[PDB]
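Drug posaconazole bound to macromolecule Protein CYP51.
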Amino acid sequence: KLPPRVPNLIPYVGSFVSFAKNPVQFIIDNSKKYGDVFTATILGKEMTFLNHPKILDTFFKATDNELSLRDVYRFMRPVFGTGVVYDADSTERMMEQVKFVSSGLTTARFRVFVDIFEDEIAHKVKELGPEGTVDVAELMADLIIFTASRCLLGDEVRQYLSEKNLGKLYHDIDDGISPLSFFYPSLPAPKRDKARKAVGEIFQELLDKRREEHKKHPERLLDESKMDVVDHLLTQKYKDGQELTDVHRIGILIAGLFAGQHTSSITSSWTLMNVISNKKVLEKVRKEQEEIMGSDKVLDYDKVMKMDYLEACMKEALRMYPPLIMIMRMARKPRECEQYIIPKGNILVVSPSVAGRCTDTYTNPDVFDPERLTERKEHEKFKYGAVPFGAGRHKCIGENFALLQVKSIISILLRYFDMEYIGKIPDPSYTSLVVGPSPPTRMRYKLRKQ
Ligand SMILES: CC[C@@H]([C@H](C)O)n1ncn(-c2ccc(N3CCN(c4ccc(OC[C@@H]5CO[C@@](Cn6cncn6)(c6ccc(F)cc6F)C5)cc4)CC3)cc2)c1=O
Ligand code: HEM
Ligand SMILES: [Ca+2]
Ligand SMILES: [Ca+2]
């Protein structure tokens, strides 16, 4: 029959209050009370939490006409744009648009991306000086504004960042997104909308300029190392032959940038903080760096590909502090889950955060221990033991780019600086759509070469 329910505090509002304090502890506590599968009413939505790795196969492999992503993420429409990704006309159109972004994330582009990271960090160290203190979360966000933008859109974007305040516009859009919008997609957000329109105008101009650059220098279209997402959007069509609109191209780029920034800056923050705060982990990370770097003075792709221990450190931060804490779908048909049937219209929920603290999978889950993955392989105990990037048909298409960006940034920063974190590693703050550490996140730095 139906899964057990979390008793409602009030009708309609349901369990919103305990939920919004800490959605992760809400799921944990209620798992303990009600088991692997339970339902809560939350601001009018029937939400059915799936809380053990064991049962997740049917969730991750269902077709979009059974478990719809578009029904639950459509709320992002005022950020991304009408007709884009989860507001696309169909599952099919969404998948095609996602492929246009994946199409600028090639090996050839990754070799160039390393150079971009080196270049932006070198600019940034001029601000930072020989020593100081800096907020970790801000530093990473600031770096990734410039790196993600240039990686996805090309170098032509940088003059807008440097001269037309584009980075402030991003913040205006992105602080304009409340997680509450998931329940109330029509919440007014006029500052967000003003900024989104401004970025729209700038990106329209970037498209217009690229078009005539394609005329002046069509060889660009033949060089895989110089082809970016803007180039692919300007020269591709849907499979059925329908051309894209410039409004669709703008929205895809904004969606791509949004994806390319927040989850990465947050992950590089939690990763760096935990690395520099743990003497044994820092030793190993630096020993690995010194071996891979050898006599060379700058990074390249092949070097990053060898940073296995640093990668493990990132995965361990992803276990502990996954930035997307809830993966959702709407049930378009009733769904069997173990002994239960989950009603049509219910929203099924999987939490990477809950999974990462599951003590059936992880021993001492509150401890940052990259060796739990590299030596003890604790993630491998279940097919869905670790799902920070999703799984199945909708698994993150950005995973390798995020790995590259975060490993590269943390590698280059280490090369430049000794760094120590000030204070206790914070708790996550659940006030934002993409979850990051509670501010402030400060560290001291000092340059390693006079
Ligand atoms: C602050 C007021 C406060 C008051 C005081 O209570 N409050 N306090 C607490 N709560 C509260 C807390 C939690 C919630 N829930 C938490 C879960 N939320 C949620 C839903 C969907 C999300 O999906 C984002 C999609 C998936 O993938 C992305 C991202 N991405 C993928 N890779 C890289 N980036 C993506 C994909 C493709 C693209 F191309 C682009 C993209 F971006 C976008 C993320 C999060 C909603 C419900 C609700 C309310 C409050 O309301
Ligand atoms: C550490 C960084 C990141 C994490 C933790 C992350 C996590 C996720 C997760 C969980 C999903 C699955 C959402 C769902 O099934 O409901 C996802 C989907 C996606 N991510 Fe990421 N992501 C990261 C970086 C990126 C980057 C860099 C990009 C692009 C440049 C990107 C683009 C996407 C896209 C386009 C999807 C949609 C796939 C689909 O619906 O078919 N992500 N990511
Ligand atoms: Ca409650
Ligand atoms: Ca779960």
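Going by the PDB entry, the residues shown for chain A are 35-484, listed in order. Below, all heavy atoms of this structure are taken into account, side chains as well, without hydrogens, waters or symmetry copies. Indexing begins at 1, ligand by ligand and atom by atom, following the structure's order.
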Could you list every ligand or chain that corresponds to posaconazole?
-> ligand 1
Requested in this report: Quick one: look at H296 and posaconazole (ligand 1), take heavy-atom pairs under 4.0 Å, and tell me if it's side chain, backbone, both or neither.
Outcome: neither
Checklist line | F217 neighbourhood, listing posaconazole (ligand 1) atoms whose heavy-atom distance to it stays under 4.0 Å | finding: 48 (C)
Numbering as shown, the atoms of posaconazole (ligand 1) that approach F53 to under 4.0 Å (heavy-atom distance): 13 (C), 14 (C), 15 (N), 48 (C)
Region of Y464 that comes within reach of posaconazole (ligand 1) [heavy atoms, distance under 4.0 Å]: backbone
Discussion item. Heavy atoms only: which of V106, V468, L291, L467 lies closest to atom 18 (N) of posaconazole (ligand 1)?
Written reply: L467
### Query
Hey, is atom 31 (C) of posaconazole (ligand 1) under 4.0 Å from any protein heavy atom?
yes
Q | Proximity to posaconazole (ligand 1) by part of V132, non-hydrogen separation under 4.0 Å | A | neither
### Protein heavy atom at shortest distance from atom 50 (C) of posaconazole (ligand 1)
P213 CG, 3.9 Å
Point to revise | Contact bool for atom 39 (F) of posaconazole (ligand 1) (protein heavy atom, d < 4.0 Å) | key: yes
Report yes or no: does a heavy atom of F423 sit under 4.0 Å from some atom of posaconazole (ligand 1)?
no
Proximal atoms of posaconazole (ligand 1) relative to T297 (non-hydrogen, under 4.0 Å): 33 (C), 34 (N)
Going by the atom numbers of posaconazole (ligand 1), which of them fall below 4.0 Å from some non-hydrogen atom of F114?
40 (C), 41 (C), 42 (F)
Report, in ascending order of atom number, the atoms of posaconazole (ligand 1) lying under 4.0 Å from any heavy atom of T465.
1 (C)
Identity of the nearest option to atom 2 (C) of posaconazole (ligand 1), non-hydrogen atoms only, from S385, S212, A54, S463:
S212
Does the protein put a heavy atom less than 4.0 Å from atom 28 (C) of posaconazole (ligand 1)? no
What residues contact posaconazole (ligand 1) if the heavy-atom distance limit is 4.0 Å? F53, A54, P57, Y107, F109, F114, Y120, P213, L214, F216, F217, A289, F292, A293, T297, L358, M360, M362, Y464, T465, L467
